[PDB]
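Next structure: contains astemizole.
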Amino acid sequence: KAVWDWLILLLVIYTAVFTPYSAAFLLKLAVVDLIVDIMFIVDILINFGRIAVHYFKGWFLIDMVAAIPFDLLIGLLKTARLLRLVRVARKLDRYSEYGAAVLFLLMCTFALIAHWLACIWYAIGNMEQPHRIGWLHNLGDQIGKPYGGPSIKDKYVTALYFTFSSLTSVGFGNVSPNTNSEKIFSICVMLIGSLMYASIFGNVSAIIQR
Amino acid sequence: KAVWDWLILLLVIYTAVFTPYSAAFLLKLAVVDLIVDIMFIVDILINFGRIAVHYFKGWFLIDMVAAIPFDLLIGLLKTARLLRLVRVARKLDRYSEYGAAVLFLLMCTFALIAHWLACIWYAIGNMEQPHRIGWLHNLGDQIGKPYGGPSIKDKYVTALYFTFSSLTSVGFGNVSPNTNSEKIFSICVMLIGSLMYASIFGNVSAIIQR
Amino acid sequence: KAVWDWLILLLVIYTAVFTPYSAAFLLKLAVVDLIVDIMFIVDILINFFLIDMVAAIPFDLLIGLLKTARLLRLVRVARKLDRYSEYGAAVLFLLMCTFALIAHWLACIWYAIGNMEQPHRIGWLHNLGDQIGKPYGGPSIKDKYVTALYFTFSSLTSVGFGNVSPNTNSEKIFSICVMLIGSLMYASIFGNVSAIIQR
Amino acid sequence: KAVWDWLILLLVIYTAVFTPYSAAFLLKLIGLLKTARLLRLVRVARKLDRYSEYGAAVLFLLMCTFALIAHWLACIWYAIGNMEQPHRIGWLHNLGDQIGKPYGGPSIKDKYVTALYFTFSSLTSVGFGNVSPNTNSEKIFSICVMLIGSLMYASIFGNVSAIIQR
Ligand SMILES: COc1ccc(CCN2CCC(Nc3nc4ccccc4n3Cc3ccc(F)cc3)CC2)cc1
């Protein structure tokens with residue numbers, strides 16, 4: 001049970017990594033998804049004299065809405081699995097025992113935020129493309145693949161690199177917003193980066209000396 | 001008349017957002033401005049028999065010059081409404097009781113400074129228009145709307161995005177200064193952003209800890 | 001005597017501003033220079049020693065290049081730091097002034113580097129001339145100084161606007177040195193400012 | 001023994017600067033095995049306690065390791081760029097087009113200066129825009145470089161802010 005919580009933390013990290021990715025890029029394997037949802041089902045099973053009434057006190061329903069399947073496009077409906085992060089949020093006291101764990105959690109949450117912003121950025125640059133201004137056209141013109149166009153690997157890597165540059169104050173200049181929606185997204189990313197960057201790096205600066 | 005203070009704070013935020021924008025861009029709705037003017041007249045009437053003499057020789061001058069009308073440049077003279085910020089300045093004691101209020105005030109003042117700098121940036125670009133050196137010409141050439149020219153939405157979003165990028169010190173490389181006035185303004189904005197960061201956005205973890 | 005010390009600080013700021021600029025740009029008003037020199041002579045006379053005499057030698061009969069020895073007047077400000085380090089915004093104002101002075105000196109060095117290779121499309125001066133529509137005599141002294149100061153400020157603040165970027169080995173090494181100096185100075189200045197701001 | 005430790009530290013800094021430089025730039029297999037000298041820094045790592053007497057010494061050590069990390073990342077970046085140059089994609093071709101000599105191409109001095117300048121710009125979060133990644137390998141390397149550079153920013157200038165108040 002002691003390692004069960006850490007395993008569940010790894011599983012929620014995995015699903016937070018791979019649910020927006022599948023809902024943004026690969027939407028047009030499932031074995032790992034099936035295994036992970038089975039593990040989450042067995043976890044809610046073990047988590048339940050009769051402490052069941054204590055469990056059904058506003059904490060079981062939020063897991064239930066994040067446990068049921070949606071089988072009956074539909075990536076938006078399986079995007080609801082992201083509610084599982086409340087499980088790792090409810091027991092932060094156990095995970096924050098050691099400073100190294102805190103540093104690992106800070107790095108993981110920064111990477112997760114960058115990944116989520118990358119997925120949102122790709123969605124923004126993809127839904128507008130059918131209507132040479134979008135960043136996908138610039139990406140295709142830069143590499144030797146005019147828009148077929150670049151493969152999904154190149155698009156994801158470029159989106160992640162641009163988001164990391166935006167949050168890290170670099171501003172590389174290869175990828176640069178052109179459309180109004182891209183500029184608004186960049187403004188929101190700048191505000192979010194101010195918040196996170198400041199808090200995370202102040203926290204690590206405090207932590208390192210301890 | 002206790003929650004009225006936060007309503008007047010919201011109206012102050014509204015006027016500080018919409019007066020510089022109107023002056024900078026719309027010089028070439030009025031109902032909302034008339035409503036907030038009537039509301040501020042009601043407020044200054046409420047501010048009033050032994051207590052009238054107290055502030056009669058105090059804050060009356062500013063709160064009266066900020067509420068007098070000029071309808072009879074009128075648009076340029078309408079900028080006198082910015083004196084309503086002294087209300088928030090003087091009544092800061094009631095707006096600094098909770099950490100959430102402090103964070104909201106910090107975000108609001110950051111956004112307000114960015115908006116004001118965007119308005120000044122567009123003002124400079126407009127005064128330099130009749131003399132592809134300027135940034136408006138480059139923006140029009142790059143969003144596919146050669147100089148007609150970009151719409152007001154495009155110009156405002158571009159100005160706000162440039163100001164946010166430069167204050168945050170990202171420097172995206174889409175819009176860049178190309179005139180002496182623009183370069184001096186950029187130097188000033190860099191100084192303002194660096195001071196803003198090193199003054200407030202440092203130790204934001206400790207700020208939140210309050 | 002406090003008014004005298006503040007005026008001396010202002011004149012030191014003036015000479016630190018105007019000596020490197022003159023040496024870098026104006027070399028290939030004198031009345032104000034002579035007035036300030038006479039005022040510094042009367043200041044050392046009323047002070048009643050070696051470090052003051054060497055920096056105040058009248059250079060008569062390259063003189064303009066050799067005039068940089070007048071930049072030895074900031075040490076005099078350093079001695080009387082007790083009155084400058086005092087409660088209020090004076091410390092923050094002085095820190096901003098020295099940051100701007102470092103930016104100005106680096107801008108002068110950047111223009112000196114750019115001009116030494118101008119006679120030899122490659123280089124920031126040619127790019128600057130092309131951008132503002134004055135192909136290479138190209139840009140005026142005002143344009144060159146503003147561009148150099150803007151690039152130096154962007155490099156020190158790490159904005160990196162991308163309008164002006166190093167494109168030669170000399171400029172690249174200079175930008176590396178400015179990056180190191182800016183890291184150290186940014187850390188120091190905006191750590192002490194961020195610690196002072198608690199008052 | 002006081003002067004001996006400083007001399008050994010200088011020699012360790014010298015070999016740590018030189019060996020990856022040779023391996024990455026002056027290849028033309030023995031150098032790959034010779035790069036095992038990088039583990040020799042464990043001596044300075046264990047004697048850092050002896051090197052932590054005064055704030056000036058630790059500040060200079062911080063600047064030295066900043067420069068060393070920048071140098072190693074520059075060597076790795078040059079190796080990445082050179083592994084794809086034979087097969088306008090990349091940064092070597094763009095650099096050759098910029099400075100004037102098309103791909104002969106730039107000399108070793110120009111290539112190293114460009115690599116170090118880009119590494120410093122990415123580490124210090126400037127992003128000059130003169131040279132930018134254009135391949136997936138380069139993009140991933142840049143992504144790693146931003147994080148390590150910002151971590152070193154936080155650490156070494158938090159230290160610097162600590163000593164300056166002392
Ligand atoms: C050349 O040598 C050097 C060495 C070091 C430095 C300081 C660089 N470092 C200092 C912090 C700077 N960021 C930054 N400005 C901000 C302005 C307002 C609010 C927040 C700000 N934030 C944090 C931030 C960062 C990224 C982001 F997306 C959003 C916010 C920029 C990062 C400069 C020159």
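Order of the sequence lines fixes the chain letters, A, B, ..., with proteins taken first and strands second; residue numbering starts at 1 for each chain. For ligands, and for the atoms within them, numbers begin at 1 and follow the listed sequence.
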| query | Could you list every ligand or chain that corresponds to astemizole? | reply | ligand 1
### Query
Quick check: main partner chain of astemizole (ligand 1), as named in the PDB entry?
Potassium voltage-gated channel subfamily H member 2
inquiry  = Any idea which other chains have a non-hydrogen atom closer than 4.0 Å to astemizole (ligand 1)?
reply    = A, B, C, D
Looking at heavy atoms only, which transmembrane segments of chain B, numbered from the N terminus per UniProt, come under 4.0 Å from astemizole (ligand 1)? 6
### Query
Does this PDB entry show a covalent bond joining astemizole (ligand 1) to the macromolecule, and to which residue and atom?
none
Looking at the entry, what source organism goes with chain B? Homo sapiens
